[PDB]
Amino acid sequence: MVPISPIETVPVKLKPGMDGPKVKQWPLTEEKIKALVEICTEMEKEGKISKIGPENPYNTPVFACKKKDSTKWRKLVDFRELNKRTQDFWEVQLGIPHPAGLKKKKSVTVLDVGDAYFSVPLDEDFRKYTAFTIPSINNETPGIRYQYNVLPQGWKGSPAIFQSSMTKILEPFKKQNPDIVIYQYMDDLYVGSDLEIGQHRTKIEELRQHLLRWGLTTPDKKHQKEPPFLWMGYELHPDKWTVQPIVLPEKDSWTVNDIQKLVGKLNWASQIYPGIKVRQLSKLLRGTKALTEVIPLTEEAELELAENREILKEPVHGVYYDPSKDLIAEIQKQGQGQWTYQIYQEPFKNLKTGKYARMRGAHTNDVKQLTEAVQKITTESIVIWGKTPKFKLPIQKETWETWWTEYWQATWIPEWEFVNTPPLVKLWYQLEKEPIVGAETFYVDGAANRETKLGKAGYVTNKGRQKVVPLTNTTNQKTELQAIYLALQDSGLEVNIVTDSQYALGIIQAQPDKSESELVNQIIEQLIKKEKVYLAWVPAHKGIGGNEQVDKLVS
Amino acid sequence: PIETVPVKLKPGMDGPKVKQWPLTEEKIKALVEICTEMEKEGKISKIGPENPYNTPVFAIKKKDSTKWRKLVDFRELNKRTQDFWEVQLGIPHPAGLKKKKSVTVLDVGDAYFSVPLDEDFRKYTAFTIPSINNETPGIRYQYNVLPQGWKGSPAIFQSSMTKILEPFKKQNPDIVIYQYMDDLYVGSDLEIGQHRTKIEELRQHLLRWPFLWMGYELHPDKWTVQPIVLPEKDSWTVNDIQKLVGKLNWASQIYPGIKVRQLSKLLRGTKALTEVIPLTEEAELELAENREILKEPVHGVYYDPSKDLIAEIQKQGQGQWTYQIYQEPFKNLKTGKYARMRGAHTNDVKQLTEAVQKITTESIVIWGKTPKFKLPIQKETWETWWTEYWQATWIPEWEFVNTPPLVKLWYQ
DNA sequence: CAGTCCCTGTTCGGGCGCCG
DNA sequence: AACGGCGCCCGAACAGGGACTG
Ligand SMILES: Cc1cn([C@H]2C=C[C@@H](COP(=O)(O)OP(=O)(O)OP(=O)(O)O)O2)c(=O)[nH]c1=O
Ligand SMILES: [Mg+2]
Ligand SMILES: [Mg+2]
């Protein structure tokens, strides 16, 4: 006969055709034994745990770990087999709150519900599926087995149920206090208002008593009344916020797992520290698949790590969001496919920073990557503030206009203005729209043998110029690119080029300025040196003009 | 007082599990206000995380409308109940709708909110309202009545809709009325004054039973087609002829009678691209014969009601957009071109969005289906912006392609 | 006409950061 | 040694189209 808590239960079922968990316990240390028998006894008197007998043919192992910055221990149930047989839940946690999206509040209070999962009841018909034994001695007493009447820590349904139960309890209080903001993340509650400090504590106590009606305790050890407040890993001051101090490891020998933790902290640090790079550090995490393998730091990876530590030396901070002012986002090119941005409302008062360094595609240009960075910032800004910022971009209006009007794919950038801060993003070469009068016409072609991987590449021109080059360990696609490279090498500043390669033409028409292919990078260098280039395509094997002639040479 | 028509998913398919995407502030505030009124009216009810299903939701504004309209992306749920709204209680498609001089589209989806939904099926209509900066967890609801945008709603309501439209159809035997999703397509050959008068009579006929005041007008008798046309120059260069042979060789996949023998003979040798080539007698003859074949209709091109419609769109530049609708490759059921739409010369995404809506509307009128689109755009670019410009109560299927224009086939 | 190849793209699961 | 959430950078598995060979 256990009392029923005021919190409405959540009906939890299991996947049909499957039963409950039946897993044997794990032999643990005697230190863990003297830290769980006291928990199952206190939760038994408080009604959070009931004792079962032989009528419960289930079992599940459990372990214990120390709480972060606390003398109290934390108990976790290894429900990995129960989760495989428990129904799926839809997670109501859609993201992580960010301090740059908080608005200025005169009074702020950060609460923390004590015994979060241990205060929300479990479904009645589901408590029988949570069976576990507790041996008082490691090899003497068999130990009486108990069960769970609340949410266990370790079950895949516990977070979703608590987050939904917490919302239902706060809904009447939020309806009675509309001007009070309550950021609700798991058990921690950020409460802010523009009320006076005296009147703010009044509503806080009202909220503490409102939650108490459903058995939710808000102790004083985790009650924060004085700034700075520790919230979501940040330091919340009345007029600014900053990330908690980030410590980078400094080992004399660097392995693989050390770099994975290093790049991770730098990614986390890049939300407020401007100009962080992880290109050369993550470049070391390629190919090698041994987390315990020492990797030497390259000269580029060392200079990158040095410049990041100097950025972390000076203290930085973000500000809060003011809806009465516009959102501004400004991007700079860091080089080598790296971009960094700042989002602010007043000059030099950054809400947050960030970086975009993803290299998508074998061949691309700076304009494509700038467009991708804009799209990333836009989506991030809608999550945090629910609106798109005005952009300040290091690209001329004329440059952007030339790109998007001539590109064959739909592309667009939201309202933006040009900011003249080098290095400016530009198009490094423009293909002509019409054939050039007076320029030599090169008919290029390449062929390769599928078996021997041998091939030829060459050209014929209207003036009688001709070349055929034998190639080893190549492909048809490579020989077609080589043929174009030959025509660019052997021509003047203005040249017309006729190819049948859809593959090659598709790469070059997109005006790439960088490539994972050395051959394409050499083709780009030639295209930049030219004054006029006209690429034309004809179908292969159709007896069309000089294409028929050069086809004979290379095949 | 109405028994719920039982609804079942297709055999071997579970409900939809699609994550909600981030919404702007004005859209979240619109949905919060809308859903609060729907809950007070019992149309939707709050749910918990034990419902593993979810469907994205956002809001739109129709053309020339300042009122927010809740829009659910039931695309996943719709194709998981396909045996219902196509086999059991399907809606016949009138072939005469596309022949009417004027067709008005009426949002009648509000009527679906009066019919209850099958209790065993309500869990599949779950949606989640997000919050700015994740201040609060998602606010989950499920539908208690027939939801707008679900293909099962017009099918279940069809028996009710038939009885409502029965006096009007008897009063006007010439008017063609078609129902697709939340919309009612009313077409007549009456004059513009007579048509809108008859449309208002239909509105009052529905009132005696929040977007019924709107009427988007169409003119399918004025809908044009964009055939493959060949350039006509006074002089021809080597480059002009190379492009022509390239266009004709690709067009041969559609018209098998196209020849390029005489035109290719003009390029014998290794000539400069800008050299003028006079067209021979046989070349003029072959080119003239090719211009006639491109006027003749393609052989064996007809609509198969069992196959899906496919739509390809090409960005031609300067606000020009071409498109083709087909079921089998090179068997195009319709080819067209749009020009000077909203966002022209400034916004590709708005233009592409407008083109998708126009093409879908034409497909609903002509065949009663929406096509699956092949969009010339990056997935991330489209998914960032398309909801900002969407003005329709339905959503078609789409995929993303990248085809460089090796030869300008549909627009010189 | 199929079956490959070459090449480029997306999807996904795990590594790490971080929150509870 | 547990659960859920978001982000990044990584590689393996897979898909899809031009193009060549039987
Ligand atoms: C940190 C953490 C948390 N949780 C779950 C359990 C309770 C809530 C909050 O945890 P908590 O605030 O640190 O401890 P809690 O149970 O609230 O008890 P108190 O220390 O607040 O009194 O999230 C978890 O399952 N695993 C974890 O590692
Ligand atoms: Mg707590
Ligand atoms: Mg070739």
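Chain identifiers are assigned alphabetically (A, B, ...) following the order of the sequence lines, protein sequences preceding nucleic acid strands; residue numbering begins at 1 within each chain. For ligands, and for the atoms within them, numbers begin at 1 and follow the listed sequence.
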| What does the PDB entry call the chain with the greatest number of heavy-atom pairs under 4.5 Å to ligand 1? | HIV-1 reverse transcriptase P66 subunit
| Name of the drug or drug candidate at ligand 1? | d4T-TP
| message | So, with a 4.0 Å heavy-atom cut-off, what else is touching d4T-TP? Just the chain letters, please. | response | A, C, D
| task | Name the residues that contact d4T-TP at heavy-atom distances below 4.0 Å. | result | A:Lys67, A:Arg74, A:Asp112, A:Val113, A:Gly114, A:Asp115, A:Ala116, A:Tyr117, A:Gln153, A:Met186, A:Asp187, A:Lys222, C:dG20, D:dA2, D:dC3
| request: Please list other ligands or ions within less than 4.0 Å of d4T-TP. | output: ligand 2 (magnesium ion)
| Contact (N/O only, under 3.5 Å) between A:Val113 and d4T-TP | yes
| message | Looking only at distances, can you tell me whether any N or O atom of A:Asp188, backbone or side chain, sits closer than 3.5 Å to an N or O atom of d4T-TP? | response | no
| task | Check the entry and name the source organism of chain A. | result | Human immunodeficiency virus type 1 group M subtype B (isolate BH10)
| task | Using a strict 4.0 Å cut-off to heavy atoms of A:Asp187, name the atoms of d4T-TP that fall inside it. | result | 9 (C), 11 (P), 12 (O), 17 (O)
| said: Mind telling me what name the entry has for DNA chain D? | reply: DNA (27-MER)
| query | Near A:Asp112, which atoms of d4T-TP are under 4.0 Å from a heavy atom of that residue? | reply | 12 (O), 21 (O)
